[PDB]
**Student:** 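Looking at a model with methotrexate; I have a few questions.
Count residues from 1 along the sequence. If you check the header, you will see the structure was determined by X-ray crystallography, 1.7 Å. In each ligand, atom 1 is the first atom listed, and ligand 1 is the first ligand listed. The basis for the numbers below is simple: all heavy atoms, side chains too, and nothing from hydrogens, waters or symmetry mates.
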Amino acid sequence: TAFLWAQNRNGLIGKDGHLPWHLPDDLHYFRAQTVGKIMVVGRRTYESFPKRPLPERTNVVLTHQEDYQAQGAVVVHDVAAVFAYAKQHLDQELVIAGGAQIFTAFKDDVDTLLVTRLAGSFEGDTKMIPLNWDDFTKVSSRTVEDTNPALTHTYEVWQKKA
Ligand SMILES: NC(=O)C1=CN([C@@H]2O[C@H](COP(=O)(O)OP(=O)(O)OC[C@H]3O[C@@H](n4cnc5c(N)ncnc54)[C@H](OP(=O)(O)O)[C@@H]3O)[C@@H](O)[C@H]2O)C=CC1
Ligand SMILES: CN(Cc1cnc2nc(N)nc(N)c2n1)c1ccc(C(=O)N[C@@H](CCC(=O)O)C(=O)O)cc1
């Protein structure tokens, strides 16, 4: 199970229910990373997608609303249902795409971090959950420079030590 997120230099991930930046490169990397997999997102991050569901991947939406409707998405209500779905699934990798409340609900079962680090600093209200960095190794790092230098970013892959 992977977590996939983008954060500024201080860890910021969101502002007013939306992204605090607009960084197309990162969105085509998101898609690369989630097409074909089981993609888990919290109800509020799902309602912020411009097309719901996002196509070519299983969107699982985590909601406490018993009645919620999301045509074409897998609507569950606790973490045990996510993993009961993933157990049925097998051959699709599970990727937790946010936001903060869902990262906290899977904080013990993630093995890989797919982090995009922005060089700048943005204003918002939601930060990435604290994680033990010391328990992971950075395996891969690729940097993309943008003409807004706040937007220059690094894609890192981190994998959990034995
Ligand atoms: N920079 C980036 O990589 C990322 C950015 N973001 C940003 O993060 C913010 C969204 O984060 P946050 O506000 O934490 O929202 P979430 O996307 O994590 O959604 C929270 C909703 O999730 C449902 N929920 C939470 N935990 C549970 C549980 N254990 N079981 C079942 N339902 C659960 C509830 O929905 P209900 O209210 O329907 O009960 C709760 O309101 C936005 O600004 C967004 O843009 C989001 C993803 C990635
Ligand atoms: C708000 N949000 C959450 C979002 C944004 N960037 C992230 N970036 C990373 N690295 N990780 C995340 N979990 C992440 N989540 C969104 C908004 C749009 C789409 C979206 O349109 N994406 C298209 C691709 C489109 C583009 O390629 O212009 C997709 O097909 O995946 C994805 C996530």
**Student:** Point out every copy of methotrexate in the model.
**Tutor:**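 Short answer: ligand 2.
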**Student:** What's the chief binding partner of methotrexate here? Just the name from UniProt is fine.
**Tutor:** Dihydrofolate reductase
**Student:** I'd like to check which methotrexate atoms, numbered from 1 as shown, lie under 4.0 Å from a non-hydrogen atom of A97.
**Tutor:** 13 (N)
**Student:** Report the overlap between the UniProt methotrexate-binding residues of chain A and the residues with a heavy atom under 4.0 Å from methotrexate.
**Tutor:**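 Those UniProt residues with a heavy atom under the cut-off: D26, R31, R57.
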**Student:** If you take the nearest heavy atom of each of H28, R57, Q7, which one is closest to atom 29 (C) of methotrexate?
**Tutor:**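 Among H28, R57, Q7, the closest heavy atom to atom 29 (C) of methotrexate belongs to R57.
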**Student:** Do methotrexate and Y29 have nitrogen or oxygen atoms that lie under 3.5 Å from each other?
**Tutor:** no
**Student:** What part of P50 sits under 4.0 Å from methotrexate if we count only heavy atoms: the side chain, the backbone, both or neither?
**Tutor:**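 The answer is the side chain.
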**Student:** Before signing off on this row, confirm whether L4 and methotrexate have an N or O atom pair separated by under 3.5 Å.
**Tutor:** yes
**Student:** Which residue and which atom form the covalent anchor for methotrexate in this structure?
**Tutor:**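 There is no covalent bond to a chain.
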**Student:** Just which atoms of methotrexate are under 4.0 Å from any heavy atom in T116?
**Tutor:** 10 (N)
**Student:** Relative to the heavy atoms of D26, which atoms of methotrexate are at a distance of less than 4.0 Å?
**Tutor:** 6 (N), 7 (C), 8 (N), 9 (C), 10 (N)
**Student:** Does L19 approach methotrexate within less than 4.0 angstrom via side chain, backbone, both or neither, non-hydrogen atoms only?
**Tutor:**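 The answer is the side chain.
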**Student:** Could you tell me whether methotrexate has any atom less than 4.0 Å away from a heavy atom of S48?
**Tutor:** yes
**Student:** Which UniProt-listed NADP(+)-binding residues of chain A does methotrexate come close to, with any heavy atom under 4.0 Å?
**Tutor:**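 I count these UniProt residues with a non-hydrogen atom in range: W5, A6, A97.
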**Student:** Under a heavy-atom criterion of less than 4.0 Å, does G98 contact methotrexate?
**Tutor:**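 No, that is not the case, since the closest heavy atom of the residue is not under 4.0 Å from the ligand.
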**Student:** Judged on heavy-atom distance to atom 2 (N) of methotrexate, which of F49, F30, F3, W5 sits nearest?
**Tutor:**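 Heavy atom nearest to atom 2 (N) of methotrexate belongs to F49.
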**Student:** Which UniProt domain of chain A holds most residues that touch methotrexate?
**Tutor:**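 Per UniProt, it's dhfr.
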**Student:** As an exercise, identify every atom of methotrexate less than 4.0 angstrom from a heavy atom of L27.
**Tutor:** 5 (C), 6 (N), 24 (C), 26 (C), 27 (O)
**Student:** Mind pulling out the residues near methotrexate? I'm using a 4.0 Å cut-off on non-hydrogen atoms.
**Tutor:** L4, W5, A6, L19, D26, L27, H28, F30, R31, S48, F49, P50, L54, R57, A97, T116
